[PDB]
Amino acid sequence: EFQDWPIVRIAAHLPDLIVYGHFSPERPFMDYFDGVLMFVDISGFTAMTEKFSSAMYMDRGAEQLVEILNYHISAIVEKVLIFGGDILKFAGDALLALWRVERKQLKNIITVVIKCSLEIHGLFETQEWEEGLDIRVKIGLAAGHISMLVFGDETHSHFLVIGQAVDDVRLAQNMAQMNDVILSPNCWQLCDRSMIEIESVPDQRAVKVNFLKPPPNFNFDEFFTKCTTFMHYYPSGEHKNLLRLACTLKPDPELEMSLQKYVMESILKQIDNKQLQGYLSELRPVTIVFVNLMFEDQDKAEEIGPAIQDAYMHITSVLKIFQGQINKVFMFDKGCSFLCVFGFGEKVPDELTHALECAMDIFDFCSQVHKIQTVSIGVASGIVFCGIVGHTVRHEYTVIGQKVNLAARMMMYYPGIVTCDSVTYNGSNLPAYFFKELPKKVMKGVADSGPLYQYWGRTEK
Ligand SMILES: Oc1c(Cl)cc(Cl)cc1Sc1cc(Cl)cc(Cl)c1O
């Protein structure tokens, strides 16, 4: 069976949630279901980005990083898939997976996901980045009501998952230390508490898993085969040798037209063998504009949907002008966040002046959008790693770096304004009075960010 059709290559970049959906044309588009989520984080990892940016890597830093990374991540991906999960999203050291089930099946599916989780922890026992650096994971699990939001325009589409269970999975992840599997309160509440030994987490309703202790006669394999009965797209029969049913997709112009919109133009070029398969693995100077939109209530897709859609329409317009691109959209703890990048796009002059001006315009327009309570934008510039991360059958373009995290942290620790780093400040070729120098705040993940600035803009206001 031939399987290397462009449609199949495109679907590698997408979860089944999109690949096998049937969305109306309307934007936004909302859908509601139940399932279990797994949010996975790899340790020892800001440490790698540093290792690999050093001159010791002789200009093959991006290459070696992408390699060592995919080696470990693609092992995580195979597990998730074999355990019947759908990998929703990657970014950096982290990936999100979903086992979408009917509400009666949640209890049993939780047991699968827990087992999957302990097997992931077992991959990395006795396992190091380098001599003297352990690689470990932290896993958060959640279960419940989940909303999909799809937004975009006629040529580009994005999705997010929303709701308290998504919020719960992020909270369980943040609590988790290395080697932990943390359950949300609702996940603990819905699980088969006869099989699952836990301990409490101080100042938290969430729980940590110690052991999976099934009864004397329980057979995990037969229990899992019974759970696959409820999985629409688990590969089987003649296709039981395959990690994803998506690998059997056949040409279909309409579906391809739909899917390609989720994928960046430079990936499509590569998919089409019109660009070298290695061209995207790089260390490149870019400017990151990280835009955060806070809402009164970030679990109600009917509320935040239209606003995200409205904001997207503007952001995409302002970026086409100023020569940037949306790379990924995120739901953090607080808000919807757009990860925008200038430079790797064309490497253009006035990149910095343009990134700033583009931020202020986004900021002004978005602050006037109905349900948006607050807008926050962080702007940082520097060398970041770019590349396609994951498995052959499931992978996504991502950006990784101290500057990516710096912009992400600025927009959280300096809400309501546009902030920029020193690189951006000094290389802007704008007058100093378009800025204010800010209080130095201590920020999670960041060591000597350097002086930070508010982009005040042209007038006194
Ligand atoms: O901050 C994130 C990183 Cl580093 C990786 C991934 Cl896969 C996701 C997030 S935030 C986020 C979390 C959930 Cl639970 C769902 C969505 Cl739609 C997100 O963007």
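Nothing fancy with the numbering, it's 1 onward along the sequence. Only heavy atoms go into these numbers, but all of them, side chains included; no hydrogens, no water, no symmetry mates. Whatever order the structure lists ligands and atoms in, that order sets their numbers, starting from 1.
The drug at ligand 1, chosen from bithionol, alprenolol, apomorphine, is bithionol. In the deposited model, most contacts to bithionol involve the chain that the PDB entry calls Adenylate cyclase type 10.
The residue-level binding site of bithionol (heavy-atom cut-off 4.0 Å) is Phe39, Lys89, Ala91, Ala94, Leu95, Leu96, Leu160, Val161, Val166, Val169, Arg170, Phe330, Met331, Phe332. When hydrogens are left out, the protein atom nearest atom 7 (Cl) of bithionol is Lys89 O, 3.4 Å; that is the closest non-hydrogen contact. Among all protein heavy atoms, the one lying closest to atom 19 (O) of bithionol is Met331 N, 2.9 Å. Bithionol is contacted mostly by residues of chain A from UniProt domain Guanylate cyclase 1. From the protein, the heavy atom lying nearest to atom 15 (C) of bithionol is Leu96 CD2, 3.4 Å.
Scanning the protein heavy atoms around atom 14 (Cl) of bithionol, the nearest turns out to be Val169 CG1, 3.2 Å.
As for UniProt hydrogencarbonate-binding residues in chain A, a heavy atom under 4.0 Å from bithionol is present in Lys89, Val161, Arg170, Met331. Looking only at protein heavy atoms, the nearest one to atom 1 (O) of bithionol is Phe332 CE2, 3.1 Å. At the shortest separation from atom 6 (C) of bithionol among protein heavy atoms lies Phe39 CE1, 3.6 Å.
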With the criterion set at N/O pairs under 3.5 Å, what does the list of contacts between the protein and bithionol look like, atom names and distances included?
| residue | atom | partner | partner atom | Å |
| --- | --- | --- | --- | --- |
| bithionol | 19 (O) | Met331 | N | 2.9 |

